[PDB]
Amino acid sequence: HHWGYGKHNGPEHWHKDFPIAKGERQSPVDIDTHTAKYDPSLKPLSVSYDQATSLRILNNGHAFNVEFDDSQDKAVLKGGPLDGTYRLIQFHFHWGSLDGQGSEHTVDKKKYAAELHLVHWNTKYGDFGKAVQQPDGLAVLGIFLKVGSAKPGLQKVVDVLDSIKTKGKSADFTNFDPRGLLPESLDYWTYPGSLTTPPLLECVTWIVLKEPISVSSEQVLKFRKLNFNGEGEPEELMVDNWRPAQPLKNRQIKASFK
Ligand SMILES: Cc1c(C)c2c(c(C)c1O)CC[C@](C)(COc1ccc(C[C@H]3SC(=O)NC3=O)cc1)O2
Ligand SMILES: [Zn+2]
């Protein structure tokens, strides 16, 4: 009986195995656009993905992860609210059963169809496992997806999903360029938070882009054909793999823009 997104093991249950679920800096949150503070001291984000080396795509039973070589400074996030250099290790999505839900963060209580997370770790901690134990260990760049025109840079991801339908399946996934998933603007909100899945560690500086990307209905429909289950288990469609908004508590969301 392990955690997941069902009635019996979903987000409302996670606190029993992971009591920090009720902690002081949990993610995601609702971004109240009118109460976010413009912070003119916030620097532009520096996204350096020109040398990114994708390796593999994995269905881990919760989402699919596109994994990168993080053994060198190849794909790094710097600037914005960050001190030092954060190395890209993986990206994944959260999405809904319907276009009207799927994102983890909300904007004035608006849910997007999906949310992309680009996960980076602070190089001063040496390895991802050490970074997650630190309050400034991770930087996650979150990007909303809305349904409209196709995202050409997403199609290579969509097209490999048939090969990783079930939990524990992986496929080679080299030469994928994550710059093709970015919107035009790097305007962002930022706040201190957590992993949005168990173990829910409070180690993340969240950077959520204001501008969504558009994906086609056909692209997100292919996400919804994935399975939570393993091969030869009863089929459970991988949909609604999002944690709902958690209390903001004693935090202030800062905007990079007016
Ligand atoms: C004891 C121990 C723990 C608890 C440990 C790790 C190691 C090496 C450990 O020895 C590393 C990964 C991990 C198992 C958890 O790391 C994760 C990082 C990110 C995620 C994805 C979350 S965060 C996000 O933006 N959205 C997600 O779904 C899940 C797990 O934590
Ligand atoms: Zn995530």
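Throughout, residue positions are numbered sequentially from 1 according to the sequence presented. When a ligand or atom number is given, it counts from 1 through the structure's own listing order. When reading the values below, keep in mind they use all heavy atoms of this one structure, side chains included, and skip hydrogens, waters and symmetry mates.
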Drug identity - ligand 1:
troglitazone
By the naming in UniProt, what macromolecule does troglitazone touch most in this deposit?
Carbonic anhydrase 2
Determine, counting only non-hydrogen atoms of the protein, whether one lies under 4.0 angstrom from atom 17 (C) of troglitazone.
yes
Can you name the atoms of troglitazone, numbered from 1 with element, that are less than 4.0 Å from a heavy atom of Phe128?
12 (C), 16 (O), 18 (C)
Only heavy atoms count here, so choose which of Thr196, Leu201, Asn241 is nearest to atom 26 (N) of troglitazone.
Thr196
Does the protein come close to atom 29 (C) of troglitazone - that is, does one of its heavy atoms sit below 4.0 Å from that atom?
yes
Are any of the protein's heavy atoms under 4.0 angstrom from atom 21 (C) of troglitazone, yes or no?
yes
Give the residues of chain A annotated by UniProt as Zn(2+)-binding that have any non-hydrogen atom less than 4.0 Å from troglitazone.
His92, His94, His117
For atom 1 (C) of troglitazone, is the nearest protein heavy atom under 4.0 Å away?
no
Ligand-residue contact atoms, troglitazone with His94, heavy atoms, under 4.0 Å:
26 (N), 27 (C), 28 (O)
Under 4.0 Å and counting heavy atoms only, is there anything from the protein next to atom 12 (C) of troglitazone?
yes
Please provide the UniProt active-site residue in chain A nearest to troglitazone and the shortest heavy-atom distance, rounded to 1 Å.
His62, 7 Å
Measure the distance from atom 8 (C) of troglitazone to every protein heavy atom, then report the residue, atom name and distance (to 0.1 Å) of the closest one.
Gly129 CA, 3.9 Å
Please indicate which organism the PDB names for chain A.
Homo sapiens
Closest approach of any protein heavy atom to atom 5 (C) of troglitazone, naming residue and atom:
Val132 CG2, 4.4 Å
Return a yes/no value for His92: is any of its N or O atoms, backbone included, closer than 3.5 angstrom to an N or O of troglitazone?
yes
Mode of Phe91 contact toward troglitazone - side chain, backbone, both, neither (heavy atoms, under 4.0 Å)
neither
I'm curious, in chain A, which UniProt domain holds most of what contacts troglitazone?
Alpha-carbonic anhydrase
Distance to 0.1 Å, residue and atom name: give those for the protein heavy atom nearest to atom 4 (C) of troglitazone.
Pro199 CG, 4.0 Å
Report the other ligands and ions found less than 4.0 Å from troglitazone.
ligand 2 (zinc ion)
Check each atom of troglitazone against the heavy atoms of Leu195 and keep those under 4.0 Å away; list them by number with element.
17 (C), 18 (C), 19 (C), 23 (S)
UniProt-listed substrate-binding residues in chain A closer than 4.0 Å to troglitazone (heavy atoms)
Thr196, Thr197
Should you measure from each heavy atom of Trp206, which atoms of troglitazone turn up under 4.0 Å away?
25 (O)
Quick one: what's the binding site of troglitazone if I count heavy atoms under 4.0 Å?
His92, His94, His117, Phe128, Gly129, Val140, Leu195, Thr196, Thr197, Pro199, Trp206
